Chemist: 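Submitted below is the structure of interest, expressed as structure tokens.
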Amino acid sequence: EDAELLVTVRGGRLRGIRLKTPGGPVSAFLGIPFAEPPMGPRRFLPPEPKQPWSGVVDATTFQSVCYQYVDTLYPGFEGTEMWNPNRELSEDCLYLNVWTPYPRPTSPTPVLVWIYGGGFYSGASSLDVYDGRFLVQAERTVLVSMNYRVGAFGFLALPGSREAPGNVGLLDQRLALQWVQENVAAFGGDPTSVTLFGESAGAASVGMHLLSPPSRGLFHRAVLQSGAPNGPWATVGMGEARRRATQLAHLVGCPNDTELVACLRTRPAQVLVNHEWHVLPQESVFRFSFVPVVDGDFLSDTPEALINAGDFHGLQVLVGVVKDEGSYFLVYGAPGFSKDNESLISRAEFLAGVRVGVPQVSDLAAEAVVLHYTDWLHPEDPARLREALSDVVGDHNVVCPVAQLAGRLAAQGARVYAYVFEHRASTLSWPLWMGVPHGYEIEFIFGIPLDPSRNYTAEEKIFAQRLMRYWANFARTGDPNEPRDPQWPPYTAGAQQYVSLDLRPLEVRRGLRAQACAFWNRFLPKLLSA
Amino acid sequence: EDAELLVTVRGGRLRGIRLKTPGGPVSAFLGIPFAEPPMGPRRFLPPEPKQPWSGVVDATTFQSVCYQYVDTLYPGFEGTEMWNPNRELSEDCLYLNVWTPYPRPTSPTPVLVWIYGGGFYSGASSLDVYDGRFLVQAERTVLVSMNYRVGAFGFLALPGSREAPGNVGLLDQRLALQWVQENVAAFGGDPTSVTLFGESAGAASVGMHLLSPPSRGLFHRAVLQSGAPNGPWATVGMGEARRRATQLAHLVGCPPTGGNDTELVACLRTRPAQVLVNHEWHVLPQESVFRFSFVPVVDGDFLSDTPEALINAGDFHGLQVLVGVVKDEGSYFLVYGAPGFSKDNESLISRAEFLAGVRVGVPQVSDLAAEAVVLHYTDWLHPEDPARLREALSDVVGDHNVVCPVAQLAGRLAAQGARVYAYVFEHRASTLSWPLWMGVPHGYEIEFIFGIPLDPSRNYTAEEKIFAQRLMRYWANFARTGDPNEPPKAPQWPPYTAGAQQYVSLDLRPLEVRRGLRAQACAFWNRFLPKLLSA
Ligand SMILES: *[C@@H]1O[C@H](CO[C@@H]2O[C@@H](C)[C@@H](O)[C@@H](O)[C@@H]2O)[C@@H](O[C@@H]2O[C@H](CO)[C@@H](O)[C@H](O)[C@H]2NC(C)=O)[C@H](O)[C@H]1NC(C)=O
Ligand SMILES: *[C@@H]1O[C@H](CO[C@@H]2O[C@@H](C)[C@@H](O)[C@@H](O)[C@@H]2O)[C@@H](O[C@@H]2O[C@H](CO)[C@@H](O)[C@H](O)[C@H]2NC(C)=O)[C@H](O)[C@H]1NC(C)=O
Ligand SMILES: C/C=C1\[C@H]2C=C(C)C[C@]1(N)c1ccc(=O)[nH]c1C2
Ligand SMILES: C/C=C1\[C@H]2C=C(C)C[C@]1(N)c1ccc(=O)[nH]c1C2
Ligand SMILES: *[C@@H]1O[C@H](CO)[C@@H](O)[C@H](O)[C@H]1NC(C)=O
């Protein structure tokens with residue numbers, strides 16, 4: 001019996017598994033329960049702490065994936081399938097995973113906590129691209145990742161009601177962070193050095209923990225990759241959440257909040273999932289049905305409001321974006337777009353595309369978008385129209401909300417580092433026109449290129465090692481920089497400096513799409529208020 | 001008596017004068033009466049045709065400048081005083097000038113008609129920079145220029161009333177054009193080949209003659225230099241013209257506000273000219289630059305609808321137009337009110353001065369509209385750089401008032417039947433007295449078009465004399481053929497169209513073809529901003 005793979009936590013005893021990497025072994029504890037199964041009467045409710053167990057919990061394999069929609073846009077295509085559930089779906093899904101060096105650290109080790117981010121409707125800690133073994137081995141941190149409820153199960157809200165208060169998937173995350181505070185020391189982790197990192201909806205999640213005081217005491221540093229809590233997709237108003245929840249009930253044969261939720265509770269999980277997309281108010285891309293709601297509780301105000309009012313002295317943040325944030329989303333509803341052609345669209349498609357990529361705004365607001373994103377010397381060139389609509393969706397949804405967050409945080413006391421990730425993976429299965437799409441820096445951060453059975457280049461492995469070092473440096477010291485030899489400067493509202501991350505050495509540049517983001521962040525809100 | 005200097009027009013006999021020019025003699029008939037003097041009871045009224053006369057009228061020197069405000073911003077400074085009256089002020093000013101080759105052409109010769117344009121408030125055909133002798137000598141055309149009423153005397157309007165119907169200054173221009181039709185043949189001119197050209201308010205005037213059917217039959221081609229009838233300064237609505245007229249009257253004691261229109265106008269008619277002028281600038285709704293108190297009014301008469309509407313509804317087949325701007329349309333205007341600006345320093349302004357200047361340069365729009373201007377003209381990587389801010393405010397004023405109105409006109413005309421040629425004038429005269437930061441300001445292509453550098457008493461470089469000859473050739477070629485191109489191996493000037501949007505750079509180097517008249521900027525002013533003002 002291997003003693004390194006036996007751990008006792010507050011709830012009881014666990015048995016882990018030894019994992020191999022090209023650099024040596026790692027200890028892994030997978031499928032550790034942190035909450036009571038949120039089933040039956042517990043669907044839509046805040047998570048309850050896992051009651052203590054007797055015996056030894058088998059923690060050698062990933063647990064079930066939280067019930068969610070399965071992407072069938074391109075059946076059998078790696079580009080979409082790598083994000084789909086790779087374990088059975090279940091509402092009994094509140095488990096987390098701990099990876100630690102082998103043998104276990106005998107002294108307090110810095111902790112990284114990963115939050116996955118498929119638009120709050122999808123994701124799992126078990127996805128191959130989130131394999132913690134390489135980061136933990138190379139950088140000697142403790143890595144934790146958790147499953148949290150998504151879609152209706154995590155975010156359906158009838159605001160004010162006790163039966164479906166909203167944001168429960170976020171509370172799942174907070175519970176797991178509490179679990180980390182109380183139990184990570186048993187693995188060698190240092191609960192006084194916990195860095196949150198997340199991508200997309202996971203990045204929005206991290207930002208939300210920053211702005212919610214009960215969570216703020218559970219970690220120390222934050223990394224937000226291609227996502228921000230002030231994103232136009234990341235929250236929904238009380239009224240619109242109530243309407244979406246109400247339409248879901250109607251669509252599945254249910255009728256008073258109590259009676260409505262009770263009837264929803266009798267429905268099979270899959271039935272809810274089958275009608276998830278139908279509650280959106282219009283055809284769109286980069287919009288999701290069930291997301292965090294501003295209700296006065298978890299978020300006492302809108303993320304924008306909470307951001308502007310915040311004192312962020314003592315906070316270090318790492319934020320950044322990929323080179324082509326918008327491209328991926330275009331194939332899910334923008335007219336003329338497909339991974340299977342050049343997607344060289346026409347002006348008319350571009351214009352219809354703008355209403356899809358910027359849904360629910362006035363005709364005037366749309367016209368303003370078209371003004372800023374048209375090259376009036378080349379108003380009808382298909383290649384430029386393709387690039388421009390990608391820019392619209394990417395700026396509006398990701399780049400500009402991240403830039404706004406970064407600027408406010410920097411100006412209000414936080415030390416901020418910003419990056420643009422510009423490397424297109426040699427193994428990327430998406431077409432060349434998509435460039436470096438959303439989500440495709442993650443495999444480098446997790447050091448997936450070090451996996452021998454995969455086809456990455458020697459250069460790419462070295463690059464992955466650089467990135468793991470930046471991320472782990474940040475977790476350890478709040479500063480990604482290595483000892484001097486080209487330096488990564490902090491981002492500030494004025495100088496707006498960030499670095500490019502690719503195969504070349506760090507290059508320092510200015511402005512996260514400053515011209516475009518002035519529009520989304522300064523002008524467009526004024527317009528919409530009148 | 002010299003037979004070349006004697007001419008009989010419908011109204012009676014004329015005696016002219018023989019002018020020396022560096023390249024030979026020209027006949028000039030200066031100060032020909034074309035209307036009865038708009039004096040006393042005729043103030044604010046449409047012009048009456050000049051009654052025939054017995055004997056010989058001496059047309060041998062320029063007549064009076066129409067009563068107007070005199071620029072006192074920089075007393076003594078050549079850059080401003082070159083535009084100031086160089087004859088006595090008088091309401092007796094309805095005189096035109098004709099220059100013809102010596103000896104008088106044997107066969108009918110194409111005619112250029114010049115219209116000056118100091119914002120509808122100033123200007124005169126007598127200005128040194130409008131001397132027609134050099135054009136006529138170089139290119140053997142006939143040149144005509146006229147004085148027309150400016151300021152209140154030309155454009156004060158109480159819409160609806162017979163006593164001050166508005167647009168009488170434009171009626172002055174039209175009467176002169178009618179005169180050209182009836183009389184220019186007597187000077188050897190061809191009434192079937194008349195090309196109008198004007199700069200600033202003159203350009204806008206030319207545009208209005210294009211959009212007003214009774215004027216449209218009096219000419220065949222048009223040249224609009226740094227102005228357009230659709231500019232935000234060039235017309236005013238009926239209600240705003242009434243408000244301005246009424247406040248002027250009120251400021252000078254009429255009546256002893258509003259009331260009977262006939263009575264209010266009768267009271268205004270008893271006021272000395274200079275009294276009206278002293279209060280001209282006071283009727284503007286806010287502090288501004290590039291805004292003028294009394295301008296053409298959309299009356300439903302001379303202009304049946306807004307120039308924008310008329311341009312859009314127009315069929316312009318069989319029309320040739322030459323349009324253009326200088327390199328720095330906005331700079332001249334900034335020293336007349338934009339905080340931080342002066343000809344006497346670098347005008348390196350602060351961000352706060354920039355924001356304030358935006359409201360001066362784009363007066364009377366919503367805060368939201370102003371915010372939109374700030375958005376498009378701020379460089380968000382250098383939002384506070386003084387030099388960039390100075391240039392940005394210049395571009396705001398130039399784009400909003402000149403470049404974008406001209407581009408909109410040019411695009412609509414081309415798409416609706418007209419052959420259009422477009423230019424940007426990029427030479428800064430060696431003799432320019434304005435500071436270097438102003439670049440090539442509004443109005444500074446004129447001296448080259450008229451061939452002023454050929455004047456021996458002036459100190460232009462030899463290159464500039466070559467340049468002037470080139471421009472005079474383009475202008476006259478256009479007058480003659482409707483096409484500025486030489487009727488060889490010289491680079492060609494292509495038509496401007498809505499799609500390719502091609503134009504030429506006019507400077508000391510040969511023609512260079514380019515695309516887009518500030519296209520990104522002008523999409524904001526011409527396509528977006530109006531949608532914002534509605535909603
Ligand atoms: C590129 O493809 C899009 C998407 O269409 C799908 O993918 C293609 C590879 C092919 O399998 C199509 O038949 C698929 O429907 C094309 O946009 C569609 O065009 C069809 C007509 O062929 C039209 O009925 C649909 O409405 C369009 N779908 C969308 C997403 O708008 C597009 O024409 C292709 N562009 C090219 C040819 O460059
Ligand atoms: C540049 O000049 C402007 C205009 O001021 C005038 O011109 C100067 C050359 C100098 O001769 C001044 O005395 C003139 O009054 C300056 O702006 C003015 O600043 C003063 C107070 O300092 C103020 O009373 C005026 O209202 C201002 N005028 C305007 C139109 O803003 C400006 O400060 C000068 N820039 C410099 C020196 O950097
Ligand atoms: C590019 C693929 C993506 C990214 C964003 C979203 C919103 C959905 C997605 N399929 C997905 C699904 C699950 C997940 O964990 N991350 C992501 C990231
Ligand atoms: C650059 C100087 C100008 C230009 C525009 C205006 C409006 C006034 C001005 N002083 C002026 C005055 C009289 C005139 O005939 N033209 C002009 C052109
Ligand atoms: C205005 O006053 C005059 C002066 O007597 C008068 O003749 C005229 O009819 C009046 N017009 C109107 C419309 O009141």
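Throughout, a chain's letter reflects where its sequence line sits, starting with A, and its residues are numbered from 1. Both ligands and their constituent atoms are indexed starting at 1 by order of listing.
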Chemist: Could you tell me which of avibactam, bithionol, huperzine A, ticlopidine shows up at ligand 4?
Modeler: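 It's huperzine A.
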Chemist: Which bound partner of huperzine A (ligand 4) is the main one by contact count, according to the PDB entry?
Modeler: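 It sits in most contact with Acetylcholinesterase.
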Chemist: Which other chains show a non-hydrogen atom at a distance under 4.0 Å from huperzine A (ligand 4)?
Modeler: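 By heavy atom, the other chains are B.
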Chemist: Identify the binding-site residues of huperzine A (ligand 4) using a heavy-atom cut-off of 4.0 Å.
Modeler: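 With non-hydrogen atoms counted, the site is B:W83, B:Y116, B:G117, B:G118, B:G119, B:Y121, B:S122, B:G123, B:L127, B:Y130, B:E199, B:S200, B:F292, B:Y332, B:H442.
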Chemist: Show the atoms of huperzine A (ligand 4) that are less than 4.0 angstrom away from any heavy atom in B:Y121.
Modeler: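 That gives atoms 8 (C) of huperzine A (ligand 4).
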Chemist: Based purely on interatomic distance, does B:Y332 place a nitrogen or oxygen under 3.5 Å from a nitrogen or oxygen of huperzine A (ligand 4)?
Modeler: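 Such a contact does occur with huperzine A (ligand 4).
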Chemist: Any N or O on B:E199 sitting closer than 3.5 Å to an N or O of huperzine A (ligand 4)?
Modeler: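 No, there is no polar N/O contact under 3.5 Å.
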Chemist: Return the organism named as the source of chain B in the deposit.
Modeler: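 The organism in the entry is Homo sapiens.
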Chemist: What is the overlap between the huperzine A-binding residues UniProt gives for chain B and the residues having a heavy atom closer than 4.0 Å to huperzine A (ligand 4)?
Modeler: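 From UniProt's list, the heavy-atom cut-off leaves B:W83, B:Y130, B:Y332.
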Chemist: Considering only non-hydrogen protein atoms, determine which one is nearest to atom 7 (C) of huperzine A (ligand 4) and report residue, atom name and distance to 0.1 Å.
Modeler: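 Here the closest protein heavy atom is B:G119 N, 3.3 Å.
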Chemist: What is the nearest residue to huperzine A (ligand 4) among those UniProt marks as active site in chain B, and what is the least heavy-atom distance to 1 Å?
Modeler: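 Of the UniProt active-site residues, the closest to huperzine A (ligand 4) by heavy atoms is B:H442, 3 Å.
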Chemist: Please list every residue in chain B that UniProt marks as binding huprine W and that has a heavy atom under 4.0 Å from huperzine A (ligand 4).
Modeler: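 Per UniProt, the ones with a heavy atom under 4.0 Å: B:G119, B:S200, B:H442.
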